[PDB]
Amino acid sequence: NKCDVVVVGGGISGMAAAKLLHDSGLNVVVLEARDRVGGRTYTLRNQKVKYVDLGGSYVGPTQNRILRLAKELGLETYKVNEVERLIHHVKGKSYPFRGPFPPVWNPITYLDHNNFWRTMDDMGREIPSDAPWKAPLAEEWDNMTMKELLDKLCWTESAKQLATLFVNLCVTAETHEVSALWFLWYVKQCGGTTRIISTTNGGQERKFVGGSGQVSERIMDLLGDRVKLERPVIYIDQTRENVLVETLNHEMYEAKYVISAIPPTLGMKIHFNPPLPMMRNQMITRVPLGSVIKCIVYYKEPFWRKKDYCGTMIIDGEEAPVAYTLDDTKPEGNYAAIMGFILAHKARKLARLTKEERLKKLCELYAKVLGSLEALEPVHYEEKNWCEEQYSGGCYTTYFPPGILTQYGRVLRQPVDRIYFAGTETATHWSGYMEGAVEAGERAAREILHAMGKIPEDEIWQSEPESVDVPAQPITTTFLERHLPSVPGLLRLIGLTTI
Amino acid sequence: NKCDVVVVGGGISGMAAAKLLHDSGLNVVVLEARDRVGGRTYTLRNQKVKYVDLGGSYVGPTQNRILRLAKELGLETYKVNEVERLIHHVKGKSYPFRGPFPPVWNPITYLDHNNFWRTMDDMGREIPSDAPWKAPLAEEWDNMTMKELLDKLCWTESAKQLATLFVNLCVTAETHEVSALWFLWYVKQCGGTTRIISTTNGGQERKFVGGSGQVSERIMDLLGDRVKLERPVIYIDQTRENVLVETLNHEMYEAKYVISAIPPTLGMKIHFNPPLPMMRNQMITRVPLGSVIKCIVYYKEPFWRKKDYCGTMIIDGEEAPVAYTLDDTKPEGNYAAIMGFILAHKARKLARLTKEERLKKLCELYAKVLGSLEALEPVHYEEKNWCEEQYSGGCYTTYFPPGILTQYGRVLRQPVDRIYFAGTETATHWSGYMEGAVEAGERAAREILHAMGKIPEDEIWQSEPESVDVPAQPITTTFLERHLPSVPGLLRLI
Ligand SMILES: *Cc1cc2c(cc1C)nc1c(=O)[nH]c(=O)nc-1n2C[C@H](O)[C@H](O)[C@H](O)COP(=O)(O)OP(=O)(O)OC[C@H]1O[C@@H](n2cnc3c(N)ncnc32)[C@H](O)[C@@H]1O
Ligand SMILES: *Cc1cc2c(cc1C)nc1c(=O)[nH]c(=O)nc-1n2C[C@H](O)[C@H](O)[C@H](O)COP(=O)(O)OP(=O)(O)OC[C@H]1O[C@@H](n2cnc3c(N)ncnc32)[C@H](O)[C@@H]1O
Ligand SMILES: NS(=O)(=O)Cc1noc2ccccc12
Ligand SMILES: NS(=O)(=O)Cc1noc2ccccc12
């Protein structure tokens, strides 16, 4: 029944919020729909794999909030394998390389690739992290899809193809599905193209020893009986002095304030009294989550390392079920494994198959890309299709279709009377990620502390000290990268000389 | 507790389904979230207006199901006033005209406008009404917004602006918000451009005497206490022998089958056991409804008729709050009124204002367009902003953003175990309209009759005889309309 704050959702965001409030001396309850905490993070444990992240997994430099939270909880990280060569597979052939970006030899194509990434970041700098709708050309950019933007920007098929894979991989959506403004924001608020795509010095640098599900699990341990499992919230009533929150299993909770720590669209599963204001009422029907199946194929040994491949594969082509892989071998060197993502339309397409049929297709793909018959000899397989999850809606995160972010974006984290909004989607730095979940949960909690008169306004948003364990190398460019012309820029130079 | 079929939603679709099953001898229950029936139709009564439709209102030729159902319930129609001239207001000036399409005089603009409408219908002929995802170019057209298609097709700003207004008015959404495939299907499944945009001989020909709300109300009258108001459904359990349906007010209903007669996305408000299949789980997060405020300004007399204007105004440009109006005067000539729609982003923008502030803006606009100071003296005002409705999600209907119809369209009316799907969004003819609501409700009911072995498979979909009261006249084109070149076509001849 009675408490100070009800937190709806026991993912990382809700758990971070609840922990902050609890540490501050408030009486909190977490109402979680599932029989587990963690949400879009889920660490499976069994004898064949020991542990494996089937949801969110990677952390990296500049993600200082998740690193600090996890450290405080007693967790350690380890580095994802990137010792050996990466592979870019294009038009049925594999091209090994080093560094974050697949190399390009053709001079025209090089100019086009260089300009593409540069332009993504150039446009990003126009977009405020905390208010993307305030970009000078917000409306123009929001009214085109990423497909349209790539069609304008990429003068080569090679760049367009790689850029398409980049979009699919980052946001588990097709280029024609998403707003250009929103995607440009999404990349910029992660620190830009280099930071978001990189393993070493980027978002995919590390994993947690024992899995990311431990973050939510250990917070549940600290909170004890305050976390209520299998309590899906169905109804929130703010007409009276205290907020009333009802669950599906017929329980009533009474609170001063509520934090909604669920994906924005999943707010639809709750009936509101009084009704939500118009803008939020419509916003939550306009913000779908992407589509992905995370697949892990296990092997006797990490055989790819012997061929001087680290296990990273960037795989372009409609035929390929998986467009991106990483080595998922344990830091001890055992439970050898390749993690792969089946993205966007392919997640829909290949969901029809059996688990065994997907495993077969993945092994045949990996065998070709790695030029290795050993890839046809898996010892185990695990997968999770996040599209089937009633209480997630998809993965990794919420995307915005054309026109939505400028029209409805401002209400994402606008409080509704005594309801405050957390969830990674409401973050301003690494929104979409575990990092964003922590930022949003702690910010929502502090909004409530401010409303109660416990902290001053300037303490709602708080900076985070850089991790001493995971230092961030700055993102740098070369003179040539900065000043080489685009393809149309070069054509202009040609036309002017011929005058 | 126990019945044969639970119908979720007491709009026209839910009511039509429940009536059909009831008339077949089954025990039905309608569970309705609101304290009223009708859903996206709502007729307000007071002394000042007598009655006014604040939701869906118009019916016309080829909408034979809604006309038949209404007639059976004892309703009659009257004609929307289109005796005098229509107005197209462009670049701050009113241009009166007759016929469905505003005329264009510049020869280049003429070719461009002609080609736009013609191309819309040309593309539509390749889109199956019952399976738009089966169009030969389904993926190409679905991966494009209407904004992109218009940018490609329209060589003049004039055609592009009118095309844009057309999209905004038809589907209460911006051209950049909606899939080209879906929009082309939408127009085609209403019978094409002329049929959808026409008052005389089209969708806006008629209104119901006493209001469209009477359709749902009179079915509720028939069903009596089988309709349960203020029963929002929260939970559907299909794990046992009988389907269990729970409401927010704690009641439990048990049935052999369920009809979901709510907008697809409002399916999100229900917790499912077992969970929905993946495709429907994601589909219902991908399908928003449009944005509109319906506004009716009342006057002492239908003064526009004195200047040989019928009251229809097509008003281009960002500045105008309302882009389209119709005469809403009653058949007797009293309760003189102009109905206007505030569409899409303008509904979002102008919702911030007070009711009185919106009235002033509309009156000043109408004064300019009609060229009459009489527009500045309203006697009454009614409005409804459908964006604020928890149990609608918007109006008029659900739109599909780029990429969604091809990926998820097929699951719209695919049954989920013992749940069948009604609602105008699942119709194949006038989906989005009251007509589509009737089609889908009766089809879903007949799917259940077939599942029970009461009727054969070929009786699930049923043709409708043409209304005797509202017969359809054929849509025609002229030789020149069919064969005049596009702008780039004329350029290739140069
Ligand atoms: C799924 C996924 C996610 C992911 C990714 C790969 C996949 C396959 N890779 C990531 C990565 O490598 N690194 C990273 O930092 N993030 C990655 N992501 C995304 C990440 O998992 C998410 O950003 C993060 O987990 C989100 O946390 P948040 O707390 O904001 O949100 P949530 O996990 O979805 O938790 C919400 C909880 O609420 C419960 N719920 C839902 N509805 C209700 C109702 N009505 N009542 C009560 N509880 C409700 C959910 O069950 C959930 O626990
Ligand atoms: C709003 C609007 C609609 C409209 C239009 C102009 C406006 C402003 N003009 C139209 C017109 O001139 N001619 C026409 O034929 N249609 C026009 N439209 C659209 C039309 O009103 C709709 O197509 C039609 O009314 C839709 O009917 P349908 O039966 O398919 O759907 P509904 O009216 O939305 O009814 C659904 C009912 O379900 C209830 N509900 C929602 N959730 C629940 C839950 N969880 N549990 C129980 N009941 C639920 C709703 O409250 C509603 O009553
Ligand atoms: N963090 S992850 O690998 O689970 C998904 C992901 N988001 O953005 C990326 C950019 C490049 C490679 C992967 C990703
Ligand atoms: N049926 S209505 O008037 O409520 C909305 C409507 N849909 O498509 C149209 C085309 C021209 C004018 C109006 C409309």
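Order of sequence lines = order of chain letters (A, B, ...). For chain A, we keep the numbers from the PDB entry: what you see runs 3-501, in order. What you see of chain B is 3-496, where the numbers are those given in the PDB entry. Atoms within each ligand, like the ligands themselves, are counted from 1 in listed order. Note that these values count all heavy atoms, side chains included, but never hydrogens, waters or copies made by symmetry.
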### Query
Given the options zonisamide, valpromide, cimetidine, methoxsalen, which is seen at ligand 4?
zonisamide
For zonisamide (ligand 4), which chain wins on contact count (greatest number of heavy-atom pairs under 4.5 Å), named per UniProt?
-> Amine oxidase [flavin-containing] B
Q. Judged by heavy atoms, which other chains are less than 4.0 Å from zonisamide (ligand 4)?
A. B
### Query
Under 4.0 Å, heavy atom to atom, what does zonisamide (ligand 4) touch in the other chains?
B:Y60, B:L171, B:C172, B:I198, B:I199, B:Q206, B:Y326, B:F343, B:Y398, B:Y435
Report task. Specify the source organism of chain B, per the PDB record. Result -> Homo sapiens
Please report which non-hydrogen protein atom sits nearest to atom 4 (O) of zonisamide (ligand 4), along with the residue it belongs to and the distance in Å to one decimal place. B:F343 CZ, 3.3 Å
Give yes if a backbone or side-chain nitrogen or oxygen of B:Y398 is under 3.5 Å from a nitrogen or oxygen of zonisamide (ligand 4), and no if not. no
Checklist entry - Which residue owns the protein heavy atom closest to atom 10 (C) of zonisamide (ligand 4), what's the atom, and how far is it? => result B:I198 O, 3.2 Å
Looking only at protein heavy atoms, which one is nearest to atom 6 (C) of zonisamide (ligand 4), and how far off is it? B:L171 O, 3.8 Å
Inset, instruction - Check each atom of zonisamide (ligand 4) against the heavy atoms of B:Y435 and keep those under 4.0 Å away; list them by number with element. - result: 7 (N), 8 (O)
For B:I199, the zonisamide (ligand 4) atoms whose distance to one of its heavy atoms is below 4.0 Å: 10 (C), 11 (C)
Query raised in the report: When you measure from atom 1 (N) of zonisamide (ligand 4) to every protein heavy atom, which one gives the shortest distance, and what is it?
Result: B:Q206 OE1, 2.9 Å
